[PDB]
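Numbering starts at 1 and runs along the sequence shown. FYI, side chains are in, hydrogens and waters are out, and symmetry mates aren't considered; it's all heavy atoms of this structure. Order of listing sets the numbers, starting from 1, for every ligand and every atom in it.
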Amino acid sequence: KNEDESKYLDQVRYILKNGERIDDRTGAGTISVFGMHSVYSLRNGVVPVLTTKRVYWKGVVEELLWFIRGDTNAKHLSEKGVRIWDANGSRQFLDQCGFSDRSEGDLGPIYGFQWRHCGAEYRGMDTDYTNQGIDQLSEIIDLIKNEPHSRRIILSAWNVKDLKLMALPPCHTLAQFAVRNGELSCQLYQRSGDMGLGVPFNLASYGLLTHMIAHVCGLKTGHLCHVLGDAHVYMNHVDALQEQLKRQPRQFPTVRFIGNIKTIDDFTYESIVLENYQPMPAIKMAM
Ligand SMILES: CN(Cc1cnc2nc(N)nc(N)c2n1)c1ccc(C(=O)N[C@@H](CCC(=O)O)C(=O)O)cc1
Ligand SMILES: O=c1ccn([C@H]2C[C@H](O)[C@@H](COP(=O)(O)O)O2)c(=O)[nH]1
């Protein structure tokens with residue numbers, strides 16, 4: 001009945017069977033297919049959070065709220081128990097990326113900064129950037145509200161001039177939104193998708209963001225189209241993914257929002273309620 005999660009599982013099956021064995025930039029073995037497309041229903045509250053292995057929902061929500069704040073300080077995420085960016089903000093990683101003058105935790109002008117302060121001069125994580133640069137997130141909300149049929153509703157983190165300053169170049173590269181029949185849909189272009197760890201997290205993240213924007217704009221939700229460039233499995237995840245592929249998906253959970261939420265900046269962890277998410281046991285996959 002959850003045919004959408006079966007699509008994700010079939011993508012993994014296709015990569016394991018047909019993918020090319022390539023060593024990546026780190027020397028890590030991967031199995032890769034270039035160019036994959038899948039569609040997930042977001043209708044009637046549904047968020048595509050995989051049921052065949054637990055997704056780090058606490059991490060998904062806190063990371064997304066941190067992006068929306070325009071925050072690039074890994075420490076602020078770590079303080080909420082979410083460590084997923086900590087390695088990239090470490091004294092070691094900063095020095096190794098030639099960011100020796102940066103304070104620990106400073107990831108540079110990554111997603112949050114690009115979403116809210118696009119084109120502003122980055123001067124470190126501790127600077128207040130209020131009103132500096134282009135607030136893409138507010139601009140796309142204004143387009144959805146005033147010109148819902150627009151073909152120009154794009155949220156991009158791929159700031160070429162800023163790539164050299166970023167801890168990592170964006171994997172979730174741009175998202176396009178569209179309104180049909182008072183339903184908000186999203187097409188996510190992901191240049192690089194780790195099918196084991198990254199992609200399930202990223203699908204949950206853009207599913208949730210589409211619901212949050214729809215809520216602010218008084219719209220229903222439609223679908224999330226997921227476009228992959230390098231759809232890959234790490235060789236060290238193959239046994240774990242073979243275990244997952246034996247499992248039959250359950251129905252995806254739904255999300256609902258509580259409180260008076262007027263703008264994209266008014267969401268809190270407590271305002272977001274995930275309903276009927278009881279996944280199968282987590283499967284450990286190393287970095
Ligand atoms: C999106 N993201 C950031 C991130 C940064 N660099 C990366 N680099 C690579 N090579 N691959 C990734 N998937 C990756 N992901 C994520 C998302 C989820 C988890 C995650 O589920 N972490 C679990 C631990 C999972 C585990 O490794 O056992 C946790 O409790 O923090 C980590 C990083
Ligand atoms: O949100 C994220 C962040 C990272 N990655 C994975 C994809 C790649 O395996 C790696 C990034 O390496 P490059 O594509 O930049 O080489 O991390 C994701 O899948 N999603």
Inset, instruction - Identify the macromolecule bound to ligand 1 in this structure with the most contacts, using its name in the PDB entry. - result: Thymidylate synthase
Legend entry - Drug name for ligand 1: methotrexate
Legend entry - Heavy-atom protein neighbour under 4.0 angstrom from atom 24 (C) of methotrexate (ligand 1): no
Inset, instruction - Would you tell me which option among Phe201, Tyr56, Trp57, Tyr234 has the nearest heavy-atom contact to atom 1 (C) of methotrexate (ligand 1)? - result: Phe201
Legend entry - Entry organism field for chain A: Brugia malayi
Legend entry - Protein contact to atom 22 (N) of methotrexate (ligand 1) [nearest heavy atom, distance to 0.1 Å]: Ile84 CG2, 3.9 Å
Inset, instruction - Give the residue, atom name and distance (to 0.1 Å) of the protein heavy atom nearest atom 7 (C) of methotrexate (ligand 1). - result: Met287 CE, 3.3 Å
Legend entry - Which residue and heavy atom of the protein sit nearest atom 26 (C) of methotrexate (ligand 1), plus the separation: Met285 O, 3.6 Å
Legend entry - Residues lining methotrexate (ligand 1), heavy atoms within 4.0 Å: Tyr56, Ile84, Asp194, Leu197, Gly198, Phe201, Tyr234, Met285, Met287
List methotrexate (ligand 1)'s nitrogen or oxygen atoms that come under 3.5 Å of a protein nitrogen or oxygen, with the partner atom and distance.
| from | atom 1 | to | atom 2 | distance (Å) |
| --- | --- | --- | --- | --- |
| methotrexate (ligand 1) | 10 (N) | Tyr234 | OH | 3.3 |
| methotrexate (ligand 1) | 13 (N) | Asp194 | OD2 | 3.2 |
| methotrexate (ligand 1) | 27 (O) | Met285 | O | 3.2 |

